[PDB]
Structure formats: structure tokens, C-alpha cells
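Shown next, in C-alpha cells, is the structure this report addresses.
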Amino acid sequence: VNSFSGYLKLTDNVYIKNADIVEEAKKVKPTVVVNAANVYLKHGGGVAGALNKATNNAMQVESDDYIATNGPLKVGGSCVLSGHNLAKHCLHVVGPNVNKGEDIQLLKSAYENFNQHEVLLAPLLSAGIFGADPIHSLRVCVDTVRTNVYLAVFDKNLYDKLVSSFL
Ligand SMILES: NC(=O)c1ccccc1O
């Protein structure tokens, strides 16, 4: 049993809810919250900007030190950093950004990072301002992630379309 509440069960391991991931993280304090990161860990907008704002910019300060030491992530890659006030850990995962022309086949590689963690609170990778089709992102998630994933979908209209169209 875990603390996640109000989710619709899509599969054995994937759950979904219309929720603000920031508000969900603050309530649950999950072991892992996933950030929709870019390779520079520049948390300007979308999910990343919202998570970073909720940490009072501490996520960005930590991320800048990580990049200064290690250099940029790979598209499809990840790193584990602090979850600050939101979670124990933040798994920063880089899905491909269609608005930068990145290979959508890298979305499966991005979701494979989730398999290193038994339970996660996450957004749909490459959705929102990353430009991918969220229906596609949910299909790749279900077909790639084997660990238990709780997906937060900010937009109620999109949530209802994801559920209604789910195969
Ligand atoms: N998932 C989001 O994009 C988000 C979440 C909280 C506040 C602003 C936001 O844009």
C-alpha cells in the first residue's frame, strides 16, 4: 500500500490523475518526483519551472552546481538530485523536445530511466511545451515502465482525452 489517492488505474503498474504535480508532491512527499528536464537543467517553464519555483529556486542552484561538475545530460538520460521540499529525490529526465527537432524514438529511452525506481510521481515525458503528442507519451510510458508510476496530468481537458482514448 502507498499514499497516492484518487488515481485511475490504467494497467498493473501505471496510474493517472488530473493534478498539479507540484501540489501532489507537496501532499504525498514521494520518494521520487520526476522533472521534465532539459540537458542543461535550466528549469525555466513547464513542469520544470513550476517544480523549481516551488523549491524557491533551490532546485536551480543545485542543478547549476551539477552541470558545472558533470556537463549536460543526454537527451533520453537522467540524473538523481535532491527533491528539496517536494520529495526525497528528484529524477531529472530529459525527453526529446519536438520544438528543438529531437528524435521521438528517444522517448522510450527517457522512460527507461523510471525502471531504476520502484515508485515514482511523474509527468508525461515530452508533453506540454516539449511538443510531443501526450497520447503517444502515455502509450510509450505503459509499454516501457515496469515500476509503479503515478502520472499527474495538469490539464483536465487532456486528462479526460487520455483516459477516454486509452487502449
Ligand atoms: N505542469 C505544469 O506545467 C505546471 C504546474 C504547476 C504550475 C504551473 C505549471 O505550468
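Count residues from 1 along the sequence. Note that these values count all heavy atoms, side chains included, but never hydrogens, waters or copies made by symmetry. Read the numbers this way: they start at 1 and go in the same order the structure lists the ligands and their atoms.
- The name recorded for the drug at ligand 1 is salicylamide.
- Against salicylamide, the chain with more heavy-atom contacts than any other is given by the PDB entry as Non-structural protein 3.
- Taking every heavy atom under 4.0 Å from salicylamide, one finds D20, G46, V47, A50, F154.
- Close approach of salicylamide to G46 (heavy-atom distance below 4.0 Å) involves ligand atoms 3 (O), 10 (O).
- Under a 4.0 Å criterion applied to the non-hydrogen atoms of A50, salicylamide contributes the atoms 4 (C), 5 (C), 6 (C), 7 (C), 8 (C), 9 (C).
- In summary, the atoms of salicylamide found under 4.0 Å from a heavy atom of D20, numbered by their order in the structure, are 5 (C), 6 (C).
- The dominant UniProt domain at the interface of chain A with salicylamide is Macro 1.
- The nearest protein atom to atom 1 (N) of salicylamide, hydrogens excluded, is given as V47 CG2, 3.4 Å; this is a heavy-atom distance.
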